[PDB]
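Probenecid complexed to Solute carrier family 22 member 6, as determined in this entry.
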Amino acid sequence: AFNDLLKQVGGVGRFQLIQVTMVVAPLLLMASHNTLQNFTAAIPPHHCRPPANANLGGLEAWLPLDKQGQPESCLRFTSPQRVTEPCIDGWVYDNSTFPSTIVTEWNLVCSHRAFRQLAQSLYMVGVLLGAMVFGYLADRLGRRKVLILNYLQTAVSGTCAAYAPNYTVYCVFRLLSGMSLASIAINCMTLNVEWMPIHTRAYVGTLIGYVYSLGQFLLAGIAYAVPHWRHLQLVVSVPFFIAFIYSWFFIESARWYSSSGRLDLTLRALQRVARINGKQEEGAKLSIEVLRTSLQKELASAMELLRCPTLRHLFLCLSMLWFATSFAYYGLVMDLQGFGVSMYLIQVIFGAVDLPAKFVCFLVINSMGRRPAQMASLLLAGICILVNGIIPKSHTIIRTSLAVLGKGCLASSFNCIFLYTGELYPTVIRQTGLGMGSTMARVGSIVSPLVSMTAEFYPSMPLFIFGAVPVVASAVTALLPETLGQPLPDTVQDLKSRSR
Ligand SMILES: CCCN(CCC)S(=O)(=O)c1ccc(C(=O)O)cc1
């Protein structure tokens, strides 16, 4: 049993802590890269630029007013003061708060403001692609080698996106940066669990969710001192150059080495760690024959989830839970400008509510159960988003509190759905089901920017859609069975026995 070798070579020793911390460090900037468009693509107030030949009645005579008493964003009078025409001569952007964003740089306003959501959608497309493309590559080149490439790719793509000359190049490199960063998080949990004892896997999963939470604090601080979008994009990308330098000293997972049929590589990795842990004597006792004897016992397809009728309803129901959680999450954390409060304050509060929300989730999970915790978190998040759309924008304090509560509930749902998925699937398909569930989360983060484009015609439509989906997801949770206090299933037969 590989757990016995891990315990023999040191268990949770110096090497485990060092490698875990080094590997989990990029998760701090993971959130910054995920939600950078809140600050690099912020929309400042804008209006039609008056004609160059005309002399500034003044500016107020050239801009028609709206119902709220503000100049129209993309309408100007043909003659000074009533025929209105779009901004042929460009827009004038208020630089009091945002000196320059991709919206002001390339005029992604009005007839072109849908390009702002397309850039975020394309970045999440790379995140989905990186999960699938680099997931297969990790199983061939190893988790360490792929992590070295991902640090280089993120630094190069992030720097290149900062120096992008036009919109097309920015979208391509944002997609490329997402590909490596998606596998950075995936290979961070994979490489960590293979070097850590089975009884401490829950700590790794909890820690990764934590490091993502303090990553939201970092983005608000970084974006505050670095308001320019080109500098902000570059600043959050150059640390991966440093991570690339020290990633050469990582130790490849010994479990993967055995799966590749290379026991000599497995033995050297185990002996090297025991040197670090201070157990050279036990490491010297290990031999190639001993590894074969211990790992002999250790040594289904993704289409099985759609073939077995019992597994079908588990895969379908869990997919909606994964989709709706991420679909509503990214439709809410990527709309920080509508609450009437400073965006840096909202980002700080959004990351601050994560800590009590996950703490409350563990209390509810252990007390009432996984299913009531999943229903309550999704239903409350859906209700909070729905009420947010109904309430007028003038209630900045009330609307912010509902968004913060909804964000906390959605973050609560993310923690519960990860634990719920592990205890639902049998051990034969537990890893495949977890990967497929995370895939649907990435799909939800792709469709969410597309739904946000519907604010062109119906301003309240995205909020209604972002809120209605979690409500339906809470209903579909009732079909799932409660797993609190129940033994973990091993085969498909255990699933039928529990249902019967
Ligand atoms: C399975 C990946 C989920 N994600 C969506 C991918 C597009 S995620 O962005 O990486 C994320 C979000 C929030 C939390 C949390 O606060 O618990 C953790 C992870």
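Starting from 1, each residue takes its place in the sequence as its number. For the numbers below, each heavy atom of this structure counts, side chains included, while hydrogens, waters and symmetry mates do not. The way this entry was determined, per its header, is electron microscopy, 2.9 Å. As the structure lists them, so they are numbered: ligands from 1, and atoms in each ligand from 1.
Lab note: binding site of probenecid, heavy atoms under 4.0 Å, is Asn34, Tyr212, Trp322, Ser326, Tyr329, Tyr330, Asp354, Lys358, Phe414, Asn415, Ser438, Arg442, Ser445.
Numbering the transmembrane segments of chain A from the N terminus per UniProt gives, for a heavy atom under 4.0 Å from probenecid, the result 5, 7, 8, 10. The PDB lists the organism for chain A as Rattus norvegicus.
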